[PDB]
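Accompanying notes for the structure given below.
Order of the sequence lines fixes the chain letters, A, B, ..., with proteins taken first and strands second; residue numbering starts at 1 for each chain. Whatever order the structure lists them in is the order used to number ligands and atoms, beginning at 1. Per the header: X-ray crystallography, 2.8 Å.
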Amino acid sequence: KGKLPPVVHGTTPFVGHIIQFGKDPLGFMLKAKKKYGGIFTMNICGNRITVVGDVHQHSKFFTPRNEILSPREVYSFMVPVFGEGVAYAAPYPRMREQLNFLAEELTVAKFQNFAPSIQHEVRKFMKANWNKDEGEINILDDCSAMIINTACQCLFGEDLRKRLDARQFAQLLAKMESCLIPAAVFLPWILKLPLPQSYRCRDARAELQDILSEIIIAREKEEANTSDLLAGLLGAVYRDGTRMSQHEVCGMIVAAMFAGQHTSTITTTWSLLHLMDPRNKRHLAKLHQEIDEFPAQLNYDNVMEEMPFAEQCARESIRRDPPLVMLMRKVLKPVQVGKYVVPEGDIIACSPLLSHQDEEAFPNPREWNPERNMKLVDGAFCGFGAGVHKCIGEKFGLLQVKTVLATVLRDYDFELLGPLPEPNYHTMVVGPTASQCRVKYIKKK
Amino acid sequence: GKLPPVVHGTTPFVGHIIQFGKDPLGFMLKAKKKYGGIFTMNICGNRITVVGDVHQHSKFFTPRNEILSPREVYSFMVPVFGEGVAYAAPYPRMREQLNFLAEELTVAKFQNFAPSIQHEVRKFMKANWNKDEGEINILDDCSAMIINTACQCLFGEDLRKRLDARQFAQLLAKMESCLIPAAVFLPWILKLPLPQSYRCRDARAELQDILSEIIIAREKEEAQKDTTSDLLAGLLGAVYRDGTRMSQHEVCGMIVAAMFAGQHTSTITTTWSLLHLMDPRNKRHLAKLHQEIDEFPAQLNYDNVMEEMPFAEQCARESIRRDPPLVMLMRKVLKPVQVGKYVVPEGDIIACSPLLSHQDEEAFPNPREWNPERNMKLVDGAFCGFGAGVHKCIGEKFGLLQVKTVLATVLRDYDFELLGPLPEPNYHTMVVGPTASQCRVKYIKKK
Amino acid sequence: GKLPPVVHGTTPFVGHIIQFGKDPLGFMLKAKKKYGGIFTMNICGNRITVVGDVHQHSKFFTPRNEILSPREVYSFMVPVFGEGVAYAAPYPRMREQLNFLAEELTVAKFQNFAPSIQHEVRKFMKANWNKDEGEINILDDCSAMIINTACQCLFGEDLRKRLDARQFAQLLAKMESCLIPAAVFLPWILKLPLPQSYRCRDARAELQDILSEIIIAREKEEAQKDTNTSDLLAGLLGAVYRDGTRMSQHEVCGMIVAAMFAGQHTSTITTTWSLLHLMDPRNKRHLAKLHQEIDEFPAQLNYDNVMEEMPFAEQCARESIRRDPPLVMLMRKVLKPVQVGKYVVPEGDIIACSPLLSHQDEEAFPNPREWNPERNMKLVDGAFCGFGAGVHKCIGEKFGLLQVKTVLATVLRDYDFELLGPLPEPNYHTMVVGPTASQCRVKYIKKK
Amino acid sequence: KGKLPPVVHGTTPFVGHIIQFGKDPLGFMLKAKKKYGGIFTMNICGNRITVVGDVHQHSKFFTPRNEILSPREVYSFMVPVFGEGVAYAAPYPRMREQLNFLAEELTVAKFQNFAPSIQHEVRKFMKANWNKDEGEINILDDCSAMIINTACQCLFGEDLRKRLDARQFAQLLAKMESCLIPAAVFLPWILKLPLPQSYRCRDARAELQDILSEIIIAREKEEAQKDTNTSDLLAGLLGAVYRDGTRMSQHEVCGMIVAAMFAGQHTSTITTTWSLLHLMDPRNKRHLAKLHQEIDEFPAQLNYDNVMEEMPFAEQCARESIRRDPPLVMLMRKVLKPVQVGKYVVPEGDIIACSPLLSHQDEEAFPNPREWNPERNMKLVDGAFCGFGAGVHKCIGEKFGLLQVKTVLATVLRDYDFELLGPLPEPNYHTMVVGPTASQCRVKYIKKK
Ligand code: HEM
Ligand code: HEM
Ligand code: HEM
Ligand code: HEM
Ligand SMILES: CCCCCCCCOCCOCCOCCOCCOCCO
Ligand SMILES: OC(Cn1cncn1)(Cn1cncn1)c1ccc(F)cc1F
Ligand SMILES: OC(Cn1cncn1)(Cn1cncn1)c1ccc(F)cc1F
């Protein structure tokens, strides 16, 4: 009993498929699925990675417990950012607890005065950098800018932004992001070489933790209130009565800012790219309807329970081109999947990038269509993952994407300068090709 | 001949990096003291001989490219310049390319740069410093002014509509991001699949398509040919000694090299100077500076800044003497060079540090003191903020043009005040400047 | 939960290697003495904890693969075994594979092995030691006799026609050229464009095509179905995984190379050492007692003569391995923390048992540098782990001992030996540790 | 005043054409030569290498003095084997004298009893290893073994082979060669990595040096009687005298003896092998026939003369094998001063190369290039054949080498016939010295009955 998933042919003797796969990740798998079916095994530098390409077996990957499927080792290449013993790095229970701490820091109830704050930053930026009747900009960069500004304005209190504003923090982030080497998942060793990056990362992170400390100690003096994400983590308590270290606190914060930064920016950038695509005049018009009925100053309910189509666009761009191409786990205990049995020590993966393309659940995959149904196949859509490690920021993330859309589209139109941007898979968080993201903007004179 | 003294305390495979990393300047200061000006570090199996003896600077800046070559030591910048450009190009191709740029930067090319610079510096202040007073990050604001004043001076109008200063400084970041100076000692780093590496290529590619985009339109519109040459136009006119023209690839690479070069160094200089100018200790220097500028009208002309601003230059030059933006100039020894009593073998990396040399107490007594009145020629050849000899900075004139001009304009309308102890230099970055976070300052105008 | 001491004196990025490489045994002898049996070295930024406490051996050999895994620590050998074979393969896949080889080496598979071993050993003697007396390198000669006897026993007649023991010895060399054990601590080594890595690739390719061309040729001739004395290849071709499927020609080639490589070096070293000690003046009594045991035997030995009636010969071989174990460092990757003695070894750490170190423990093996066949191996139950223990315990022990024993009994029945200098000292700079080859010149004597 | 050769398109960001090149060098270059012409420029990890593919300009690569075109930096990857300051690692004048010292040790006047010794080792091995009516062997390995045996027998004196035999020596060559990483030419930093191979090499060369030394201090004591002496290679490199009146150092001696043995080993065996493989190929029946006629005449104990000047076709076979698949596939030089090549100019700092592999496929100079024809005209285009290089560094072992290959061919085929068991081997371009893919060299030998 227990059959093994087919190992993809044409595997180099020792380097595996890392080259074949790297060049064209989507095509590689997309083809591979046809020759061997949904479930198949890649050999990446001696590593067995088995992808769940069958959309009907997703629950098999998102359901099992950490004891069977584990994310600790797979995501260890991020330790430099989070810090040692933080998040995934820590033991499961410790990890479980910490992730939760952040989760509740991003729940609807904590969205007080977030909509206005987002609206405030988006407009200050627009009235700062798009002050001409019409102008040429890189929408990917400008969204990344607007996104970080609004993310900080919401999760950071006033005293924190004064000593460390949005533009300065971004700098710390990039310095810490410069040591994130995703190939480290297949080359754990590369994380042990003498690298300058990992030095600049220790610094940047150490600088942040210093500020935080110097703000906590400042609050502890002025203590003798709109509690932000910071004050939120400093209050949380473990199951044994102890609190988080400033090291742990600093780690979660960074994780939150990184996590929400690129995904939200990409999910916004895409949409805009689609909505401004001539083939979408339909969706663009409908959207304007949905928001033309809104006043200048938006409120919580306005975007949460009254912008369904907007959310559909946000959720459709993520279905077409998922920011996270490959969700991985370490198989600690053998798991039945389809007609196959993925063995222990193997690397098991569900690719949002892949599954999203199954013509069965998503016929005509390469067409950006908000209208199409996401539930057509249950568990098929995994843009925010599912089960144990479901995105705990989906709500907060959608809030931004949507509020930024509304804001931008209410005041500006857009046109493409060339063919639609094609996804670039050479980045940890996948987004449209930056060099293909040059666009013109129409002001509403 | 005998080899220099190899500073002891070397680790099995690391070498001195660990200790050099912690403090480069301190490390050398200590070494020079113990071993003398000429000593040898070992950086990951790589031998690097620094010319600490200030008297021997010419031994470094003088020899021809046959003996000393910057080609292999500057390759890590290929991602910025592009394949086969600048250093990444054949030796003679490098010389010709660098000349073409040197010619595009001669004083003869500064006709309305003065007015341009002031315009941008007055649009920024009136837009970012409008309150009676306020707190800001000077280093960040000077950077913004510098890229603006550069793009306004070197970039034609038709080019600036496709890519304004802001969006250009945007593409620089994405390209500077890939830069890994350490690659000089750990070459395999470049061979490693790193995101940054992809970043740079795409950023450079984006600037590439705009330039070409811009170019051909110029040819189409070029038909009338009846009546102001920018940098892009100048380069496109350069013809090699073999009768061929630079390729759009080479034209792009050179423009980036120019902008990248003048962007960081110019802002770092302008900023430092300002910081020293607002320090209590330097009350006298600030007073003398105003006198020199108080005489000038609203609109400054080329002469005013160049010939009639001698102390301004001394301040800027002194700011580069104290905290030199380019801390380590390197070369590859292709043939043994006699330095002092010593002889540097071939294959060895020879280095002159404007940072270490600018601390020489003989040449610069009270080194950590910012004194515009000090004598730079005390030891002829000591100061090398602009490198020297064969590879002397080809943008010194244009650079000083901005700095001096920018200061005259800002200080004419504003005063400044520190918010803490004067920032310390941050050595972690490829172009050394004052620690960013320490650069918040308050501004004041006294109409 | 307390960590084992980290032996002090570590350079920044190198670790203890430089020191350890100079002298591994001396380093572990010095460590063990200072910090106690359980300690931790650093090897190029890799924590490696050696279970030197000879009373804690079970805590290394016993844990299940989930906890302690050999898979990654043995991946530098992939170029030899092949992609997804043996260690490279998934654990279930692996465990089954090794069991197949296991079953092809049970004592039930020694039908005419003894006679085959003698024939070779006598063919070699009468071809290379024909003079009244002569000078020879006994290590080199034992290597030949061992590869000849192994091939004779395991390879069918058709296989040996295409690839004789000499030809196969070549392939082994070509293949074991790449191996870079250091790849264990410096993995990127395997990524570099090294000549070695291509050589392996090609050599295993050669052996690969011959096995395949032999198989398809056995299938055509199979049309007759005449009685065939199934060889090692035959048996593996007859193995079936729990999932019904059969071993591929690739995996079949791997297990054959695996066994041949494993037995060739360890068998020859054990043989040579034993001969070396037996000819050492200090061991006149031991040689004398050995002859007594084998004088009673006839020209043609049988399975029972060597198995149940050569207990002192085996002792000699077993004590040779106790003194100078061929496999010096057994390693595992720690997946889940393990309680060892008082200490706890954290996950991500490499755990090791060094037979070499363990076999020197004075409480277990007093006067440890003395080759004493009379010594008690079980003085401290568990101390001796020449053949490993627990889950991965050697599966060729019996077959290996069969050879060493049968060979000793043949050689010493017709020959005597004298050293030409001080007894050879082990050379630790090889993947499998044996006596120094250059110190291996020896004088032989015809008996009669 | 000059034009730069075209640079081939499609360059990967940091690895250049390295991946494409590595796959199929011959093809890559062939296609490049086609698209761009004989003189083109590849980019190997930021390194510009210009290949003189125009078989008419070969002289512009082999001629120039060292000051213009230098082999030092290009050949520094062999330093671990020759040693610091030896051979190319040395200063040119120093270098030249050392090669000279080796040259005069390999001239034809030193060969009287070479032929007989060669035959002896070849036969000893055949009767030792091919003593059956017919058998299956890897002709590559076996020729390798015979070649290393004969070489030693010819250059080492008895007292040495006593202390050192061809089996032990080959064992040291192996150890040392394990550090020869050709790629190190483009990726020098490679040689600075903590690799165990470089330690194994230090130890092999230091062990060989000690052996040689104990032999020398012995030849200096056994000296007093001064018994009749036939000096071996070692004896000769001990008498050589620099222009400054000083003698080589045991380190320098240890290097040259090693460089000689290495250079002589692989090429001799690769050429002998290929030859044998082509002769056993059914398509070359007439060539195999013509060869048997040239040797049949000779007696068992071949003589220096009859092998030197009475075995012409036998030599043409060795020389056409080298022309088809040159062992040394890429001859490089560092350009210190620019050089005019054809219309183009090769700039300083650039790596320049002459590819025997590429030039040898020139349809004009060698029509039907992939066809092994020993009757072809090698001079059809004067200068086109460069298997033994030319000019400043032309092979000094050419004559000693051919002497081996030919004598080995005459001995082997006199008693044995061969049949391929598969298709003609294809060259394996993944080794420092290029030969037939070893795994494809299994062949059937047949005792002449
Ligand atoms: C709309 C944009 C977003 C997308 C498309 C997205 C996508 C995902 C996906 C696919 C996963 C599952 C990863 C896996 O299976 O290993 C995940 C998990 C996670 N996300 Fe996001 N995410 C988004 C926004 C955010 C935001 C805004 C935050 C916080 C501010 C965040 C924080 C997290 C965290 C902490 C987890 C791990 C949860 C756990 O391990 O239990 N994400 N996200
Ligand atoms: C005012 C601040 C500046 C300082 C302190 C400075 C400093 C230097 C130094 C020390 C060198 C020689 C370094 C070496 O030997 O590698 C150099 C060369 C160079 N500089 Fe600057 N520079 C400044 C402004 C500029 C500007 C505005 C440009 C505009 C293009 C520029 C472009 C260049 C170029 C292209 C070279 C290379 C010339 C060669 O290879 O010989 N620099 N500079
Ligand atoms: C007679 C001298 C021998 C000695 C001293 C010896 C030693 C050892 C040792 C200590 C181990 C365990 C290594 C570890 O735990 O990592 C082992 C495993 C092994 N040996 Fe041997 N061995 C000998 C002969 C043989 C022979 C004749 C064969 C047959 C080809 C063989 C095949 C194997 C195999 C296949 C394993 C792996 C088993 C597993 O991983 O479960 N050995 N040997
Ligand atoms: C047929 C077999 C041989 C071939 C195909 C061959 C080929 C070559 C080639 C092409 C060169 C030029 C290398 C360059 O330009 O950098 C060369 C140089 C050299 N060869 Fe050979 N060779 C052979 C036999 C030998 C023999 C028998 C020896 C004797 C030890 C030898 C020793 C040398 C030496 C010392 C050099 C360098 C000479 C110098 O730098 O001036 N070779 N060989
Ligand atoms: C992802 C594409 C497929 C290839 C995957 C790996 C590619 C690696 O390219 C070459 C990397 O070379 C690694 C060299 O690392 C050298 C380690 O140096 C460590 C420090 O050395 C001195 C002190 O130990
Ligand atoms: O899931 C990520 C890490 N991701 C990047 N590569 C593979 N997975 C980011 N992503 C998830 N939500 C939003 N972005 C993450 C998970 C947890 C976390 F704290 C940060 C973080 F980036
Ligand atoms: O020409 C070689 C070096 N060769 C190896 N890679 C590239 N060229 C060998 N070759 C030349 N003749 C015979 N073999 C050589 C040159 C000089 C030397 F001393 C040794 C040596 F192998």
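- Present at ligand 7 is the drug fluconazole.
- In this entry, more contacts with fluconazole (ligand 7) come from one chain than from any other, and the PDB entry calls that chain Sterol 14-alpha demethylase.
- Other chains within a heavy-atom distance below 4.0 Å of fluconazole (ligand 7) are, by letter, D.
- Lab note: binding site of fluconazole (ligand 7), heavy atoms under 4.0 Å, is D:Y75, D:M78, D:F82, D:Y88, D:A259, D:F262, D:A263, D:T267, D:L328, D:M432.
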